[PDB]
Amino acid sequence: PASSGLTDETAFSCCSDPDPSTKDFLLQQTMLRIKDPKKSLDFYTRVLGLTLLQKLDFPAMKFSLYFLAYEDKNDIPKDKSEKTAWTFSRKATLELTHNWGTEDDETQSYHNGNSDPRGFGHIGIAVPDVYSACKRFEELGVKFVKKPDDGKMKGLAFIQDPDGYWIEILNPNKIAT
Amino acid sequence: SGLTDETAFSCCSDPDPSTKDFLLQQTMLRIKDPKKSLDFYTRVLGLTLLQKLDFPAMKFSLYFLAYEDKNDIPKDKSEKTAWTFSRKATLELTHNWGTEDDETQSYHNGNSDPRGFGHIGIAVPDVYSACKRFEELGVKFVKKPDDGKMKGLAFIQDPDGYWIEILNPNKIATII
Ligand SMILES: O=C(O)Cc1nn(Cc2nc3cc(C(F)(F)F)ccc3s2)c(=O)c2ccccc12
Ligand SMILES: [Zn+2]
Ligand SMILES: [Zn+2]
């Protein structure tokens, strides 16, 4: 018999209460490789309103890490070890990995995971209003994967960041619609 | 060479007030076997299935998981949804019906060519207990906590080969 996926019963039967040893675990980051941190920084801060928590450089290994999150910049400790302990204990951060030199390599780009080979699909951002969010996006020149009133599910948008990664733009109080 | 701090910082804008209450809601991974995947993230990693949405028309299911007490999950089917998509730091797992039965099928983890997405990462109080327990349960490892230069940090794999990083935020500054 063909897969018609799991019933909710099979689904929840596979689910377990968290072992108590896991009770302070925290989903801390999603890492995406980025070609140009100038574009990506502009994009995430100026377009989507994230804040740059910390920039870490690895000279020996030739990359930097940029952690972005929705956090007030006045909360960031300014001292390096204190910044670090604070950043890595934030929930929901983006870690953008810049392998140095990819910005000036015109033969290099990353793969967004949405065409062969497929894997990762997107990150997603909850907004209060998708239609003003998207109208604002149009005004600033964001490439769209899906306009909110386009395609099948109206009220749901997918935009792209400067590397092509998909970003769902979503209204949590109108998803069940 | 890399960007200097000054170039990087000068590419950062303050958030437009328009973006007030935007929140980083979800990261989506395509998964081969939702039985394996749900068992892993709940039993092994301690996350909680918040909701399941099915779409028979396109032959796919979505599973949402977060570190959340199941006693906050509104029972009301309309209000459960609203709550779920309002939680921060969620995983949307996407099962395309069929794939669990096709031995030729696996997803790409983004860590070999063509590279992209790299990993998710989980903040833990103690990487060694965490991993000792992962090892005990048969979790497959990329980097064990003692392996390599960065000791105190691990990478494990989920049932799809997606790399999950394990770190202690209090130890990061020493490690690096
Ligand atoms: O990923 C990038 O784009 C850059 C990159 N490189 N490296 C160096 C590596 N150390 C490894 C160790 C193993 C090992 F198998 F030995 F564990 C396997 C693979 C690797 S890559 C990282 O450690 C890393 C961590 C976060 C973000 C980006 C990177
Ligand atoms: Zn990482
Ligand atoms: Zn999604």
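Read the sequence lines top to bottom; their chains are A, B, and onward. In chain A, numbers come from the PDB entry; the residues present are 6-182, in order. Using the numbering of the PDB entry, the residues shown for chain B are 9-184, in order. Heads up, header says this was done by X-ray crystallography, 2.5 Å. For ligands, and for the atoms within them, numbers begin at 1 and follow the listed sequence. As a basis for the values below, the full set of heavy atoms in this structure was taken, side chains included, without hydrogen atoms, waters or symmetry mates.
In this structure, the drug modeled at ligand 1 is zopolrestat. Lab note: main contact partner of zopolrestat (ligand 1) (name per UniProt) = Lactoylglutathione lyase. At a heavy-atom cut-off of 4.0 Å, the other chains in contact with zopolrestat (ligand 1) are listed as A, B. Of the N or O atoms in B:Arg123, one or more lie within a sub-3.5 Å distance of an N or O in zopolrestat (ligand 1).
Judged by the shortest distance from any of its heavy atoms, B:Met158 lies outside the 4.0 Å radius around the atoms of zopolrestat (ligand 1). In terms of protein heavy-atom proximity, atom 24 (C) of zopolrestat (ligand 1) is nearest to A:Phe68 CZ, 3.7 Å. Lab note: contacts of chain A with zopolrestat (ligand 1) map mostly to UniProt domain VOC. With a heavy-atom cut-off of 4.0 Å, A:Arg38 touches zopolrestat (ligand 1) through its side chain alone. Of the protein's non-hydrogen atoms, A:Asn104 OD1, 3.5 Å is the one closest to atom 4 (C) of zopolrestat (ligand 1). Residue-ligand proximity, A:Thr102 to zopolrestat (ligand 1), at heavy-atom distances under 4.0 Å covers atoms 3 (O), 27 (C), 28 (C). Atom 7 (N) of zopolrestat (ligand 1) is approached by the protein to below 4.0 angstrom, counting heavy atoms only. Counting protein heavy atoms only, atom 17 (F) of zopolrestat (ligand 1) is closest to B:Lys151 CB, 3.5 Å. Nearest to atom 19 (C) of zopolrestat (ligand 1) among the protein's heavy atoms is B:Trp171 CH2, 4.0 Å. Proximity of A:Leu70 to zopolrestat (ligand 1), defined as any heavy-atom pair under 4.0 Å, is confined to the side chain (atoms from C-beta onward).
Looking only at protein heavy atoms, the nearest one to atom 26 (C) of zopolrestat (ligand 1) is A:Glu100 OE2, 3.7 Å.
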Write 'none' if nothing qualifies; otherwise put on separate lines each N/O atom of zopolrestat (ligand 1) with a protein N/O atom under 3.5 Å away and their distance to 0.1 Å.
{"from": "zopolrestat (ligand 1)", "atom 1": "1 (O)", "to": "A:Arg38", "atom 2": "NH2", "distance (Å)": "3.2"}
{"from": "zopolrestat (ligand 1)", "atom 1": "3 (O)", "to": "A:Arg38", "atom 2": "NE", "distance (Å)": "2.8"}
{"from": "zopolrestat (ligand 1)", "atom 1": "3 (O)", "to": "A:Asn104", "atom 2": "ND2", "distance (Å)": "3.1"}
{"from": "zopolrestat (ligand 1)", "atom 1": "3 (O)", "to": "B:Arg123", "atom 2": "NH1", "distance (Å)": "2.9"}

